[PDB]
Amino acid sequence: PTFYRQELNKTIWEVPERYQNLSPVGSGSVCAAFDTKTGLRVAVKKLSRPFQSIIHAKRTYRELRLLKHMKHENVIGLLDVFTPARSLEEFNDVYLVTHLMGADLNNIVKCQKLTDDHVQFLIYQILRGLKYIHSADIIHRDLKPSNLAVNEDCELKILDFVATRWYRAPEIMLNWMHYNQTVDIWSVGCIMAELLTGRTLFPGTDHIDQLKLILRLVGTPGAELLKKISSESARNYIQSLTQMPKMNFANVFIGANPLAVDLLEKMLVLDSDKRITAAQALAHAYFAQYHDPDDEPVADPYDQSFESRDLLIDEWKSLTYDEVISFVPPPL
Ligand SMILES: Cc1ccc(-n2nc(C(C)(C)C)cc2NC(=O)Nc2ccc(OCCN3CCOCC3)c3ccccc23)cc1
Ligand SMILES: Nc1ccc2c(NCc3cc(CC4CC4)co3)nc(-c3ccccc3)nc2c1
């Protein structure tokens, strides 16, 4: 494949001839383009200094390994990955190609009002994607409206591109080091609550103000949850806050679907051991119009053994180069 060059907002791009009409989108740096081989509008992300440090190199390998493995309708997939290099000695740029979506859920929630029917379809697609992601032993940790891309037909894709702490599970705020996958479910509840009211549910100014807003809704942790908190520092700070009662969500999300209020009651739970999972939430009556267990697939098992390895930069670079060369595009 022959490459061409052009500068687009300080960053120079070397892309194959198949990608035309490059247009800057945001900032790695992303460009919108047209793929003459497939006829699709695509998004091309150029990784910025992929091997500047051990942190960058392993991060580069992690993202390429993740995107190559994601093959689900509601999760961002990899259409192509290329580099202008002809060998490992000159391998310094990595480009990632995916579908071009219309916008993100952040634009829709602040520019449009969503019917309860639209909330069902949008939240169902998130939970459908989360079940696929969680089945591969992967936690997103960064779910928020700006990480969810939506088309004009309300088709949604999860990606990992508005404060993140507003959607962070409380066990992440207190820096618990043994949380589970339901930290994403807490984020879904905060997102679902925002689609129903148009307001951010927990607009905290800091980590402490975030927990104060959370406790005003969910109430004081009970004796069962207090038994399972290992940090004496956090366990004492929780016992230092005045006893807040748990608000009834029907009095908070008024005029909302009774099934929507019940699902939020199962998602916005402090005790992560009792928080509803992605698979269980798909079976909730709120998604009866869309739920189909035979069309909610799980993922092929994903090898994360590299995360426990301590390698050099050129070793991470060489491993990334192998994944670039071994990539097989999906058929049309
Ligand atoms: C270190 C690291 C590790 C993993 C990730 N990671 N994790 C995920 C999962 C969890 C959802 C599978 C996905 C990602 N990576 C991404 O979501 N990467 C991307 C974000 C935004 C983009 O372009 C946004 C612009 N948008 C594209 C499509 O919609 C229209 C415009 C991208 C464009 C092309 C290629 C990748 C993009 C990210 C970083
Ligand atoms: N088995 C479980 C189940 C839930 C746990 C958990 N849940 C999240 C949480 C929420 C809160 C409420 C704080 C706002 C006051 C405290 O912890 N935190 C923590 C935790 C929090 C801080 C430090 C160490 C552990 N451990 C949990 C163990």
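Residues: numbered from 1 along the sequence shown. One-based numbering, in listed order, for ligands and for the atoms of each. As a basis for the values below, the full set of heavy atoms in this structure was taken, side chains included, without hydrogen atoms, waters or symmetry mates.
- Most heavy-atom contacts to ligand 1 in this structure come from the chain listed in the PDB entry as Mitogen-activated protein kinase 14.
- For ligand 1, the correct pick from IPI-549, BIRB 796, CH5424802, BI 2536, BAY 2402234 is BIRB 796.
- The shell of residues around BIRB 796 (heavy atoms under 4.0 Å) is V30, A43, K45, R59, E63, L66, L67, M70, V75, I76, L96, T98, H99, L100, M101, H140, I158, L159, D160, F161.
- Remark: BIRB 796 and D160 share an N or O pair separated by less than 3.5 Å (distance only, no angle test).
- Counting residues of chain A in contact with BIRB 796, the top UniProt domain is Protein kinase.
- Of the protein's heavy atoms, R59 CG, 3.5 Å lies nearest to atom 1 (C) of BIRB 796.
- Atom 31 (C) of BIRB 796 has as its closest protein heavy atom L100 CD1, 4.1 Å.
- Relative to BIRB 796, the closest UniProt active-site residue in chain A and its heavy-atom distance to 1 Å are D160, 3 Å.
- Note: an N/O pair closer than 3.5 Å links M101 and BIRB 796 by distance alone.
- Residue contact check: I158 has heavy atoms under 4.0 Å from atoms 11 (C) of BIRB 796.
- Of the N or O atoms in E63, one or more lie within a sub-3.5 Å distance of an N or O in BIRB 796.
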Provide, line by line, the atom pairs where BIRB 796 and the protein bring an N/O atom each to a distance under 3.5 Å; else say none.
{"unit_1": "BIRB 796", "atom_1": "15 (N)", "unit_2": "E63", "atom_2": "OE2", "d": "3.4"}
{"unit_1": "BIRB 796", "atom_1": "17 (O)", "unit_2": "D160", "atom_2": "N", "d": "2.7"}
{"unit_1": "BIRB 796", "atom_1": "17 (O)", "unit_2": "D160", "atom_2": "O", "d": "3.4"}
{"unit_1": "BIRB 796", "atom_1": "18 (N)", "unit_2": "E63", "atom_2": "OE2", "d": "3.3"}
{"unit_1": "BIRB 796", "atom_1": "29 (O)", "unit_2": "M101", "atom_2": "N", "d": "3.1"}

